[PDB]
Protein chains: 4
Amino acid sequence: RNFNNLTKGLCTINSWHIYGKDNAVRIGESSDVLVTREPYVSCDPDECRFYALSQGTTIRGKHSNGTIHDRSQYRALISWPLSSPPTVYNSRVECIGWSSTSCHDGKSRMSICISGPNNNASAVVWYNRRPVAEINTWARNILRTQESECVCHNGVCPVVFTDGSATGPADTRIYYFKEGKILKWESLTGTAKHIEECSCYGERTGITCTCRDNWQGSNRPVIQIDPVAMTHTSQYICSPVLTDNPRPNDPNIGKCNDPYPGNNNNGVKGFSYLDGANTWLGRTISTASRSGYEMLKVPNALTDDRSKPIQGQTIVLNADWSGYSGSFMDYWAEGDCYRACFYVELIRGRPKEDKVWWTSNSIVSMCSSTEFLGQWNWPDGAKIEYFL
Amino acid sequence: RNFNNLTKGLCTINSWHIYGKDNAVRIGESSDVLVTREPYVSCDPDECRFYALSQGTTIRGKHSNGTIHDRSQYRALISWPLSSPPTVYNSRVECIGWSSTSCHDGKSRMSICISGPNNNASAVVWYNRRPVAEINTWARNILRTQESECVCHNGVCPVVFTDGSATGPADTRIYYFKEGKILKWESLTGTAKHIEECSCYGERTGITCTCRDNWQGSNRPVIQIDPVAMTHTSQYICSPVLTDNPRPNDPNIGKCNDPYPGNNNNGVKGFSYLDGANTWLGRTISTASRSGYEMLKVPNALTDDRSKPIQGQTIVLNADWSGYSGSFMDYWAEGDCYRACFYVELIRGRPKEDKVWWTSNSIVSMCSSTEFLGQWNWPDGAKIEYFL
Amino acid sequence: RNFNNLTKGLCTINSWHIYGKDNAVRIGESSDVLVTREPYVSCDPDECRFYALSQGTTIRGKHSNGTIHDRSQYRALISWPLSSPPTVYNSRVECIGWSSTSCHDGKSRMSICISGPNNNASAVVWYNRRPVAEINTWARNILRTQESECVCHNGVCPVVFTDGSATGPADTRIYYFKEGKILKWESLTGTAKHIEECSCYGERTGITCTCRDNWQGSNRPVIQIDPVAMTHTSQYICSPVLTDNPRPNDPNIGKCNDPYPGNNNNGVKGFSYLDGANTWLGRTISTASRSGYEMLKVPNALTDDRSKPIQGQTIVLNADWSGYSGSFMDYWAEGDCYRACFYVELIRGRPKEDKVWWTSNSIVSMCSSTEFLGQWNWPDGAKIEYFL
Amino acid sequence: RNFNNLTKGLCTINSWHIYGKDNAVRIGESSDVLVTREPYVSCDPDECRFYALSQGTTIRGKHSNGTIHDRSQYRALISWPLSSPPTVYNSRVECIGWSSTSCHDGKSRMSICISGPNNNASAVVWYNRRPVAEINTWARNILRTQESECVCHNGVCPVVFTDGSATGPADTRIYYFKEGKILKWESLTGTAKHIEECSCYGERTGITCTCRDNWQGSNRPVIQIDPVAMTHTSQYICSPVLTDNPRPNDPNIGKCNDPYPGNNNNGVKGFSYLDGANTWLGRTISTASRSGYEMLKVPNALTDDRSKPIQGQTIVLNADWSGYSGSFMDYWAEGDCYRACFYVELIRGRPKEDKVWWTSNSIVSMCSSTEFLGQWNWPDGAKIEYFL
Ligand SMILES: *[C@@H]1O[C@H](CO)[C@@H](O[C@@H]2O[C@H](CO)[C@@H](O[C@@H]3O[C@H](CO[C@H]4O[C@H](CO[C@H]5O[C@H](CO)[C@@H](O)[C@H](O)[C@@H]5O)[C@@H](O)[C@H](O[C@H]5O[C@H](CO)[C@@H](O)[C@H](O)[C@@H]5O)[C@@H]4O)[C@@H](O)[C@H](O[C@H]4O[C@H](CO)[C@@H](O)[C@H](O)[C@@H]4O[C@H]4O[C@H](CO)[C@@H](O)[C@H](O)[C@@H]4O[C@H]4O[C@H](CO)[C@@H](O)[C@H](O)[C@@H]4O)[C@@H]3O)[C@H](O)[C@H]2NC(C)=O)[C@H](O)[C@H]1NC(C)=O
Ligand SMILES: *[C@@H]1O[C@H](CO)[C@@H](O[C@@H]2O[C@H](CO)[C@@H](O[C@@H]3O[C@H](CO[C@H]4O[C@H](CO[C@H]5O[C@H](CO)[C@@H](O)[C@H](O)[C@@H]5O)[C@@H](O)[C@H](O[C@H]5O[C@H](CO)[C@@H](O)[C@H](O)[C@@H]5O)[C@@H]4O)[C@@H](O)[C@H](O[C@H]4O[C@H](CO)[C@@H](O)[C@H](O)[C@@H]4O[C@H]4O[C@H](CO)[C@@H](O)[C@H](O)[C@@H]4O[C@H]4O[C@H](CO)[C@@H](O)[C@H](O)[C@@H]4O)[C@@H]3O)[C@H](O)[C@H]2NC(C)=O)[C@H](O)[C@H]1NC(C)=O
Ligand SMILES: *[C@@H]1O[C@H](CO)[C@@H](O[C@@H]2O[C@H](CO)[C@@H](O[C@@H]3O[C@H](CO[C@H]4O[C@H](CO[C@H]5O[C@H](CO)[C@@H](O)[C@H](O)[C@@H]5O)[C@@H](O)[C@H](O[C@H]5O[C@H](CO)[C@@H](O)[C@H](O)[C@@H]5O)[C@@H]4O)[C@@H](O)[C@H](O[C@H]4O[C@H](CO)[C@@H](O)[C@H](O)[C@@H]4O[C@H]4O[C@H](CO)[C@@H](O)[C@H](O)[C@@H]4O[C@H]4O[C@H](CO)[C@@H](O)[C@H](O)[C@@H]4O)[C@@H]3O)[C@H](O)[C@H]2NC(C)=O)[C@H](O)[C@H]1NC(C)=O
Ligand SMILES: *[C@@H]1O[C@H](CO)[C@@H](O[C@@H]2O[C@H](CO)[C@@H](O[C@@H]3O[C@H](CO[C@H]4O[C@H](CO[C@H]5O[C@H](CO)[C@@H](O)[C@H](O)[C@@H]5O)[C@@H](O)[C@H](O[C@H]5O[C@H](CO)[C@@H](O)[C@H](O)[C@@H]5O)[C@@H]4O)[C@@H](O)[C@H](O[C@H]4O[C@H](CO)[C@@H](O)[C@H](O)[C@@H]4O[C@H]4O[C@H](CO)[C@@H](O)[C@H](O)[C@@H]4O[C@H]4O[C@H](CO)[C@@H](O)[C@H](O)[C@@H]4O)[C@@H]3O)[C@H](O)[C@H]2NC(C)=O)[C@H](O)[C@H]1NC(C)=O
Ligand SMILES: CC(=O)N[C@H]1[C@H]([C@H](O)[C@H](O)CO)OC(C(=O)O)=C[C@@H]1NC(=N)N
Ligand SMILES: CC(=O)N[C@H]1[C@H]([C@H](O)[C@H](O)CO)OC(C(=O)O)=C[C@@H]1NC(=N)N
Ligand SMILES: CC(=O)N[C@H]1[C@H]([C@H](O)[C@H](O)CO)OC(C(=O)O)=C[C@@H]1NC(=N)N
Ligand SMILES: [Ca+2]
Ligand SMILES: [Ca+2]
Ligand SMILES: [Ca+2]
Ligand SMILES: [Ca+2]
């Protein structure tokens, strides 16, 4: 087969339909379902799969005790069939670590896992299920990457890494891989002041990443990557429709080249589709906690610092827990355009539900529709008392 | 490969032999078997599989509590290997929803799931395991479809949908799909007064659907579809051998173009094979509850309003619970004719067995034989007290 | 690919080496392992698999209570990977019933299951995982067949069936199938007075079946089938080395054309390889119960009514339970000769161990070696008290 | 496809990165994970897999009681997907026995299992998942082999066997197989005085085995095999950096042709990569017990009896249990050189943790990097109290 080429634009987004949901925590109440977090979705040319970071234990297993912990030697990036739960028996390990990305280039899949102690972490780059390249920490402060799929164009797969402080200036690098080999890496340029956990998608013939400013910003940093020239720019979403969490209330003027202030030293992984008038932003409903999720149609959110919603859709009720969210597309589907998709992580357990001693999640996933479809709300569905 | 063409007639039906049985509830007493309901069977050119709507939990799982509920965000259409139980680990999710159909066209499989709230439901059409088309509710009252396989001819797959009241006139549409794309849709024509949960099979070169009249009828509505012209007619089974449930006792004159009265606002999904003198009707043995199942040979049941049984076979004893039933065939088997098959849903738990708080089912499945084979009876086999 | 042709003779048998063992009961103490009985082994051209009749429940499942029962609607012929246990999740159902056979012809597999009540049982013949032919009971008294693999030559697969009394004259038929279709069937001819559960193997270019006389005989009936002419003969193993169970002590003169007396109305499925001086007989060590198993080299056992052992090998200690045993070969292995193989069923639970209320089994399997290898003993290995 | 040829040298080893870890004991606390020991890793041309000797029971299963036992009829060589746990459902049995090796030759896999009583054990050689050759015990004292992968060159796969005393002179043989057939076998030559459990790797165009001296030596025996000529030599690692366990403290002069004294009648399976200045030795950190693991860069360890470490990396903390370790490489990866890999067995339970009555293990696995990557430590991660 061939390297996939980003030759298509996004489909028109008039609503979102249900694409995938695994009900992991519901099922894992009485099945050998693996504790996970930081999930995402990524497609091969013949199959789409769920991904997450395992915690090396099942939910009912006693080792689930204390899995709010982010980084341990018992974590690993796993994938499993679409809308199935991540079980001990059906899960395929891609690589070992506690921060990851993964993407198919049309021929084979590249997966990257970061492992190690905070001051000595390292990334291993896997291609065609074999280890190919390794990158050592350059700032010795929790080397970390996207926690969602990367995008490939003609065999070139850009990945965004960050090494350094989570509450101040850090050292962010965009790496360009082909077949697992390092072609080139760049220091972060542009006006974005802090970069974490970029959510990327590809469209003719560029790659757009919506990331997390954990330092001072409640608006989201945007990195736009050219995968042919292997260059990039950065700024923020200009829109006053702020999409981080926690975050202040929406002003009437956003910020294009600086963080919008109000909430320091925190954030959540999130995403957006920036496509002129076809722009949709995702965010939690709450401005304080990781609860609820909605999609908002905000024309020219990227460049218009006055832009407001003209349409929207509720994905998760504010009364229900959410969490991380990120973008993905099936680049091998039929049609003239790429259908925009995303997932929402539904975190259950700690810190918000400390009656149990574990932290896991399930996945809900949506794709766009050119129809104006009715909306439902998609909660995790598990009842905590059952786990007591 | 090629699109399957309905070039064959039905085989002669002189009896029914055992084809499949999963013993799900028996096995699920001490295994991670998924709670399901509304099951069916559908074949690929190289494999036949069980299908059902999952409830997003195992039987022993505490979340099975309250699964008599029909529609929730935790349901999904799953398939699994023939005569295996639907387990957490061996089940493949086809799409997310609480009403479905699915069928192979010879090249790839089309699956359709409906999800959403009662006044805003929507169908997503999957083809080759990718979402292709979406249909929004047109009557805003539980958009719903067949709950058994559809039939394809030369790439054209007709599906029967209903939107609107379950106790009065509703808005029924026949959709014609090819490769997941909507070719055409039609409003329901003919003399059938209410349409739900059609059970279809294909024979040279038309498609016959036996459905459920939930309004006033205890005789079954029949839709006959021409998949080339993409047109249809409707009426009832003329036979006084009434095959819904609940239902009145068999009269000596049936009704061809109107519901036979006696039982309002209720029914069960059922099926028939209408083939002149090769006609076999299926039904529950009880006229009051979903218990028992039998096949009755009723010559010209479709057109003869005096027709009576001349042969029969017991499938499930009246002392045993049954439920939904529907038709399917292996259109890729060897031979000159299509062998008629069906399944019976064996519902266990609520409402009829309320010592437990769940509702699930297992599957028994039969196909026709040109031999006159001895009959057995096929109960679910699970003992409720074990679940207490 | 092509139909397999029996073009080779048996390899020289100088000992037996371990080939397969699943430890099902050991593992099933704390895993979802299916209760089974009547197991065997059968090879495809690219894989060899374990087979058995499931009881439709796991060992720990409460439904295992009463599985000493031979025939129920919850039984089915399952296969699973070599030396794995028969679990809920890894088992593939071949067909539904409580008596079976199965064999590959080089192109596809034919499986046959008998189901039904005692006076109305019927066999369904599956080929390439599709139902092809059906045979109704001709004597209305537990229609039953081999409970081990059949053998195919040039697409022709002979099967031995018996219908009628287990304690008197019965109606035995040899059926000849090709691609699941009935080519011909014959009434049992020769001097064998009672036929049950034949164990067959194929060698240039005939098929040899060693069966069970449940009526009066403690010597074993032998059917020799010509798969080209589609004809057969029958007699007993002439050897005074009696190989049924229960059985009298070995005399000095056996019987060639009549049952050797002493034990009526009982027996066990067993096997032999009859190959001139390369002859090996299998049997239980005990003459009273299904315990122990040994192979005995008895030159010309088939024709010499004075023949005695000149070599042997213990397979299972007399202190350990055994059960059914049968023959199989990999007809697609490399080499000039067919390597003789067999399995022993290790029955655990009732009737011999009635502290538990279930009956299951595990499998040990051996093949011949041209070396003179050391012997071990192969017990089931499960400790009953753990199940209490 | 073709026979793999050892045409490449080792890559430069500047550090080790994480390659695989299964967390079996953590996961097996609440999942059907098989009790194992003596694990290793071996690659096919399209997949790499974990291997181990099963104990025929799960960890939570009551039959895990007493699995410190080395040799029983319930053991078997199993393989399962990389970094998954060895579960009942995902494990593939390769052959039956309590001592093993296995390796792909580029076309198919050869697996060897030894079973039997101590004075009558025998090896069965499997090729392409079929039994091909058998070797009887020649010294009648626990016939035993490598417990890690073998290496093939042009279809020739050398295996090191030992039969005889574990505390004195034994009879060691190097067997040369092709497609499972015995080409030739040799008695052990050279200056190595005792040989057990060789860990081998292949490099242009020879095979290097690092073994265990269980008699008098705490330095490791090295066998170097020529797979074309089918000949070999033996000696010890000259280095004073002693790498057995238990072992004395490191002297300043090692031994090239005799055992370094201090610890009798004990040892552990271990490995090394001997490549001039690219030499790395593995060993436990403790000199007394199987705890901890480290890699040490020791230039010319094989020939220089004064050589000392100039670089190193901790793999497992001394406070954590280790166990067996062995070498493997992906001989089908891309590149100009072979990347050196190894695994460490992390033994949990008895004898060191006798609060539980079982003995199992999990696996950590590493490969080399030409980068100088930061190090972590990789413990098993299971907490014993959970199992009480
Ligand atoms: C079956 O399903 C269908 C399909 O899903 C359902 O229909 C959907 O219903 C939902 C819910 O109502 C809609 O989502 C909302 O959309 C509105 C935007 O639509 C309105 O505004 C448009 C823009 O108007 C402006 O510009 C135009 C320029 O021409 C001008 O005309 C106008 O006067 C004004 O100047 C209108 O164009 C639009 O009209 C169109 O749509 C109508 C249908 O809605 C139709 O009838 C019309 O004919 C026309 O076609 C419409 O009036 C979003 O604004 C809204 O999002 C806000 O509200 C939710 C709360 O519900 C909140 O969570 C959001 O975050 C957002 O509110 C925050 O952000 C604002 C901007 O920063 C801020 O000002 C707010 O104060 C608020 O801020 C606070 O909350 C946030 C959140 O925590 C916090 O962060 C802040 O700090 C602060 O605390 C919804 O997304 C769908 O659009 C609609 N879809 C369709 C296809 O109709 C249907 O209801 C279902 N049926 C049933 C029976 O249930
Ligand atoms: C081993 O296995 C074999 C194979 O399975 C077993 O053999 C099978 O046995 C079963 C059970 O007996 C049979 O099923 C029944 O079949 C009859 C129909 O067959 C009879 O009627 C035929 C038609 O006769 C009429 O027309 C001809 C025209 O020529 C005329 O000759 C005749 O005088 C009359 O005018 C006859 O042709 C037929 O004869 C043939 O078959 C004989 C074998 O049966 C053979 O001996 C003959 O030589 C000849 O070849 C035969 O006489 C069905 O009527 C019946 O179904 C009714 O009964 C069951 C109860 O058992 C009920 O559940 C059904 O729903 C149905 O009864 C309801 O419907 C009627 C119509 O509406 C109504 O009038 C009834 O009052 C009743 O209604 C009530 O109940 C329902 C249900 O709840 C409710 O909804 C209503 O409101 C109301 O309450 C059976 O299906 C198989 O046909 C037969 N198969 C074979 C191959 O033989 C064998 O027994 C097994 N062996 C052993 C040892 O067990
Ligand atoms: C490592 O592994 C190796 C390989 O496995 C082990 O070596 C094996 O050891 C076993 C056990 O000893 C052997 O099995 C037995 O074989 C004998 C037959 O071998 C003997 O007899 C041969 C025939 O002799 C006759 O004919 C020749 C003609 O030339 C003539 O020379 C001779 O005088 C006599 O006329 C001899 O050829 C043979 O010698 C050869 O082998 C020797 C090694 O064994 C070797 O040293 C010699 O040099 C020569 O090469 C040898 O003497 C079987 O008879 C025996 O089976 C009987 O006994 C067991 C009990 O152990 C019983 O269960 C069997 O069913 C059978 O006994 C019943 O059947 C008889 C016939 O009907 C009857 O007469 C008996 O009374 C008895 O009947 C009773 O019990 C049954 C069972 O319940 C019941 O049904 C009845 O009603 C009644 O109650 C064994 O199978 C292997 O052959 C041998 N293999 C090899 C390769 O050596 C080695 O031991 C292991 N090492 C260690 C350290 O453990
Ligand atoms: C992030 O990750 C990185 C990468 O992993 C981390 O960096 C790593 O850190 C580890 C731990 O410190 C290092 O491993 C140790 O390496 C030393 C060897 O390196 C030293 O020695 C070299 C040789 O020196 C000699 O020769 C040269 C010839 O030119 C000469 O110059 C010199 O004077 C001397 O003559 C030096 O070349 C080397 O310098 C280089 O490296 C420096 C960085 O380390 C760098 O700064 C320099 O500029 C230069 O480039 C360096 O000085 C090993 O010796 C050591 O292994 C011993 O110690 C451990 C305990 O920690 C022990 O377990 C080992 O078994 C071994 O000690 C035993 O064996 C000896 C030999 O038999 C014996 O003499 C000892 O007494 C001891 O024996 C006792 O214990 C054993 C064990 O139980 C027992 O069996 C005995 O019986 C007895 O009881 C370590 O392996 C890595 O090399 C290093 N890697 C890199 C790339 O830097 C970094 O730290 C991490 N960052 C953070 C913040 O954590
Ligand atoms: C490498 C790492 O630990 N990344 C963190 C992430 C991180 O702490 C923040 O972005 C601060 O830099 O926060 C969160 C979070 O829940 O907000 C999950 C991630 N956990 C994992 N990726 N395992
Ligand atoms: C969409 C929906 O909920 N369909 C119902 C169905 C429906 O209520 C009746 O046909 C009335 O219209 O009844 C029943 C039933 O048990 O009779 C199961 C179905 N459940 C599911 N398909 N999930
Ligand atoms: C065949 C056999 O039993 N090999 C032993 C091995 C052996 O005892 C020593 O090398 C002494 O010769 O020791 C050990 C050990 O834990 O040190 C595991 C092995 N267990 C297994 N391979 N099953
Ligand atoms: Ca922030
Ligand atoms: Ca009705
Ligand atoms: Ca008998
Ligand atoms: Ca030693």
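The order of the sequence lines fixes the chain letters, beginning with A. Following the PDB entry, chain A shows residues 83-470, kept in their order. Heads up, chain B uses the PDB entry numbers, so what you see runs 83-470. We're sticking with the PDB entry numbering for chain C, so the shown stretch reads 83-470, in order. Using the numbering of the PDB entry, the residues shown for chain D are 83-470, in order. One-based numbering, in listed order, for ligands and for the atoms of each.
Bound to ligand 7 with the most contacts here is the chain that the PDB entry lists as Neuraminidase. At ligand 7 one finds the drug zanamivir.
Other chains, heavy atom under 4.0 Å from zanamivir (ligand 7): D. Among protein heavy atoms, atom 4 (N) of zanamivir (ligand 7) sits closest to D:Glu279 OE2, 4.2 Å. Look at D:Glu427 and you'll find every heavy atom at least 4.0 Å from all atoms of zanamivir (ligand 7). With distances taken over non-hydrogen atoms, the option nearest atom 7 (C) of zanamivir (ligand 7) out of D:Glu278, D:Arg157, D:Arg372, D:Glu120 is D:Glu278. The shortest separation from a heavy atom of D:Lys351 to zanamivir (ligand 7) is not under 4.0 Å, leaving the residue out of contact.
From the protein, the heavy atom lying nearest to atom 22 (N) of zanamivir (ligand 7) is D:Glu229 OE2, 2.9 Å.
Around atom 2 (C) of zanamivir (ligand 7), the closest heavy atom drawn from D:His151, D:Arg119, D:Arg153 belongs to D:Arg153. Here D:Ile196 has no heavy atoms under 4.0 Å from zanamivir (ligand 7), in either its backbone or its side chain. In terms of protein heavy atoms, atom 20 (N) of zanamivir (ligand 7) is closest to D:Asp152 OD1, 3.2 Å. The atoms of zanamivir (ligand 7) that sit less than 4.0 Å from any heavy atom of D:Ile224 are 1 (C). For atom 19 (C) of zanamivir (ligand 7), the nearest non-hydrogen atom from the set D:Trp180, D:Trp297, D:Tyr406 comes from D:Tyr406. Counting heavy atoms within 4.0 Å, the binding site of zanamivir (ligand 7) comprises D:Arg119, D:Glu120, D:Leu135, D:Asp152, D:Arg153, D:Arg157, D:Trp180, D:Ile224, D:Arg226, D:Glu229, D:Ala248, D:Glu278, D:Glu279, D:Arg294, D:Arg372, D:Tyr406.
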List, pair by pair, the atoms of zanamivir (ligand 7) and of the protein that are both N or O and lie under 3.5 Å apart, giving the separation rounded to 0.1 Å.
{"residue": "zanamivir (ligand 7)", "atom": "3 (O)", "partner": "D:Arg153", "partner atom": "NH1", "Å": "2.9"}
{"residue": "zanamivir (ligand 7)", "atom": "10 (O)", "partner": "D:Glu278", "partner atom": "OE1", "Å": "2.3"}
{"residue": "zanamivir (ligand 7)", "atom": "12 (O)", "partner": "D:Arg226", "partner atom": "NE", "Å": "3.4"}
{"residue": "zanamivir (ligand 7)", "atom": "12 (O)", "partner": "D:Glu278", "partner atom": "OE1", "Å": "2.8"}
{"residue": "zanamivir (ligand 7)", "atom": "12 (O)", "partner": "D:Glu278", "partner atom": "OE2", "Å": "2.7"}
{"residue": "zanamivir (ligand 7)", "atom": "13 (O)", "partner": "D:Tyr406", "partner atom": "OH", "Å": "3.2"}
{"residue": "zanamivir (ligand 7)", "atom": "16 (O)", "partner": "D:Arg119", "partner atom": "NH1", "Å": "2.8"}
{"residue": "zanamivir (ligand 7)", "atom": "16 (O)", "partner": "D:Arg372", "partner atom": "NH1", "Å": "2.8"}
{"residue": "zanamivir (ligand 7)", "atom": "17 (O)", "partner": "D:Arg294", "partner atom": "NH1", "Å": "3.4"}
{"residue": "zanamivir (ligand 7)", "atom": "17 (O)", "partner": "D:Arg372", "partner atom": "NH1", "Å": "3.2"}
{"residue": "zanamivir (ligand 7)", "atom": "17 (O)", "partner": "D:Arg372", "partner atom": "NH2", "Å": "2.5"}
{"residue": "zanamivir (ligand 7)", "atom": "17 (O)", "partner": "D:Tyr406", "partner atom": "OH", "Å": "3.3"}
{"residue": "zanamivir (ligand 7)", "atom": "20 (N)", "partner": "D:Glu120", "partner atom": "OE2", "Å": "3.4"}
{"residue": "zanamivir (ligand 7)", "atom": "20 (N)", "partner": "D:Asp152", "partner atom": "OD1", "Å": "3.2"}
{"residue": "zanamivir (ligand 7)", "atom": "22 (N)", "partner": "D:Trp180", "partner atom": "O", "Å": "3.2"}
{"residue": "zanamivir (ligand 7)", "atom": "22 (N)", "partner": "D:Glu229", "partner atom": "OE2", "Å": "2.9"}
{"residue": "zanamivir (ligand 7)", "atom": "23 (N)", "partner": "D:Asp152", "partner atom": "O", "Å": "2.9"}
{"residue": "zanamivir (ligand 7)", "atom": "23 (N)", "partner": "D:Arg157", "partner atom": "NH1", "Å": "3.3"}
{"residue": "zanamivir (ligand 7)", "atom": "23 (N)", "partner": "D:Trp180", "partner atom": "O", "Å": "2.7"}

